[PDB]
Asker: 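This structure is in C-alpha cells; I'll ask about it shortly.
One-based numbering along the sequence shown. Atoms within a ligand are numbered from 1 in the order they appear, just like the ligands themselves. All values below come from the heavy atoms of this structure, side chains included, with hydrogens, waters and symmetry mates left out.
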Amino acid sequence: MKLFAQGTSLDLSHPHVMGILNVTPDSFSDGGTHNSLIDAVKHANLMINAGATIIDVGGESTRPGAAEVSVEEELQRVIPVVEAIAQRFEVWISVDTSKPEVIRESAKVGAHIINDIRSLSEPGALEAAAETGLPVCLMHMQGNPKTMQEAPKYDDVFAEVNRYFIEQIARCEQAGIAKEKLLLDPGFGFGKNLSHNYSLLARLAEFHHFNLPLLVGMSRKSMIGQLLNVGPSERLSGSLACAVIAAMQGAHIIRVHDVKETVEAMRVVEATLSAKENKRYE
Ligand SMILES: Nc1nc2c(c(=O)[nH]1)N=C(CO)CN2
Ligand SMILES: Nc1ccc(S(N)(=O)=O)cc1
C-alpha cells in the first residue's frame, strides 16, 4: 500500500512516525515569523534524525479554548516552514490547516499531505484540495475542536464513526478526489469521552474494511492524562502504549510528540508482526 505525492512515494508496509511541528502565533513568536524559523528547522532536523518519516506542520492550535488564526497569520508561518524543510530534507510533509489559501499555497512549496482535522468542511476547502491532487486525511469529529464544552453522547461511537467515514468518502469522490487518495483517522479526543476513546482503540482493526490507510493521534492526549491522572509532561509511557496497541492493529501512521521513543517501540512492533503469520492483531 503506497501513497504518491510530489514525484515520490511512501510505502505503508510498515508503521510510520509522524512528528508534530506546531508554529502558531504563540510559539512562532515575536510576530509574523521571527528567527523562530531556525528553531523550526532545528526541531525538524532532530525529528528526522530520531526516525520520523513525516512531519505535521500546523499554524493553528486545535486545543480547547484555542484562538482562531487569520489566513494572513497562518500563511506567514506555515509557508516559509514548509518550504525550508522541503528544500533541505527528503521527509514527507503534511500540512495541518483548514483554509483553502493555505492548502493551495502549501502544495506549491512541496507539501505531500493535506491533514485537515475539519475534513475540508470550510467553504472552498474541498475544491482547493481537489485542485492540488494531494492525498487528504479525513478525521471524525463531533462539534467544534476548540470547545471547552462536553463530549456528545453516541448511540454507539464506532457505528457513528463508520457512517461518517462512508459519507465523507462519498463527498470526496463527488468532488474529484479518488478514494485512493484518502487516509482515515477516528479523531481521538475530539467530541469523545474516555470511554468512547478506548472503544475506538479497542476496535481499530475493524476500520480496515475500508482498505484505506489509517492515521491516529493519541500523543499526550486526555484519554491518557485522565486514565492515569497525570499532567501533560508525564504521559510518555501511556502515549507509548497507545501507539503500540494501534500499530499492533495495523495503523499505518502515528502522530506523536516523542519521536525517538515511538520509533523504538515501532521497531519492536515491526519485529513482532513480521513473525506473525498474518501481520496484525485482532
Ligand atoms: N490527523 C490528526 N491530526 C491532528 C490530530 C489527530 O488526532 N489526528 N490531533 C490533534 C490534537 O491537537 C491535532 N491534529
Ligand atoms: N486537542 C489536544 C489536546 C491536548 C493535546 S496534547 N497531547 O499536546 O496535551 C493535543 C491535542
Asker: Which protein or nucleic acid chain has the most heavy atoms near ligand 2, under its name in UniProt?
Answerer: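 The chain with the most contacts is Dihydropteroate synthase.
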Asker: Which candidate among sulfanilamide, fosfomycin, gabapentin, ciclopirox is located at ligand 2?
Answerer: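 The correct choice is sulfanilamide.
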Asker: Show the binding site of sulfanilamide (ligand 2) at 4.0 Å, heavy-atom contacts only.
Answerer: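 By heavy-atom distance, those residues are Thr62, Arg63, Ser219, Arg220, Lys221, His257.
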Asker: So if I count the atoms of sulfanilamide (ligand 2) from 1 in the order they appear, which ones are less than 4.0 Å from some heavy atom of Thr62?
Answerer: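 Numbered from 1, sulfanilamide (ligand 2) contributes 1 (N).
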Asker: I'd like to check whether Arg63 has a polar contact with sulfanilamide (ligand 2), where a contact means an N/O of the residue lying under 3.5 Å from an N/O of the ligand.
Answerer: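 Yes - when backbone and side-chain N and O of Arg63 are compared with those of sulfanilamide (ligand 2), one distance drops under 3.5 Å.
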Asker: Under 4.0 Å from a heavy atom of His257: give me the atoms of sulfanilamide (ligand 2) that qualify, with their elements.
Answerer: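 Heavy-atom distances to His257 below 4.0 Å select 7 (N), 8 (O).
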Asker: Tell me: protein heavy atom nearest atom 11 (C) of sulfanilamide (ligand 2), and distance?
Answerer: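 Looking only at protein heavy atoms, the one closest to atom 11 (C) of sulfanilamide (ligand 2) is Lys221 CE, 3.9 Å.
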Asker: Identify the closest protein heavy atom to atom 7 (N) of sulfanilamide (ligand 2): which residue and atom is it, and at what distance?
Answerer: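 Atom 7 (N) of sulfanilamide (ligand 2) sits closest to the protein heavy atom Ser219 O, 2.5 Å.
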Asker: Which UniProt domain of chain A dominates the contacts with sulfanilamide (ligand 2)?
Answerer: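 It's the UniProt domain Pterin-binding.
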Asker: Considering heavy atoms of the protein only, find what lies nearest to atom 9 (O) of sulfanilamide (ligand 2) and give residue, atom and distance to 0.1 Å.
Answerer: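 The closest heavy atom on the protein side is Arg220 O, 3.2 Å.
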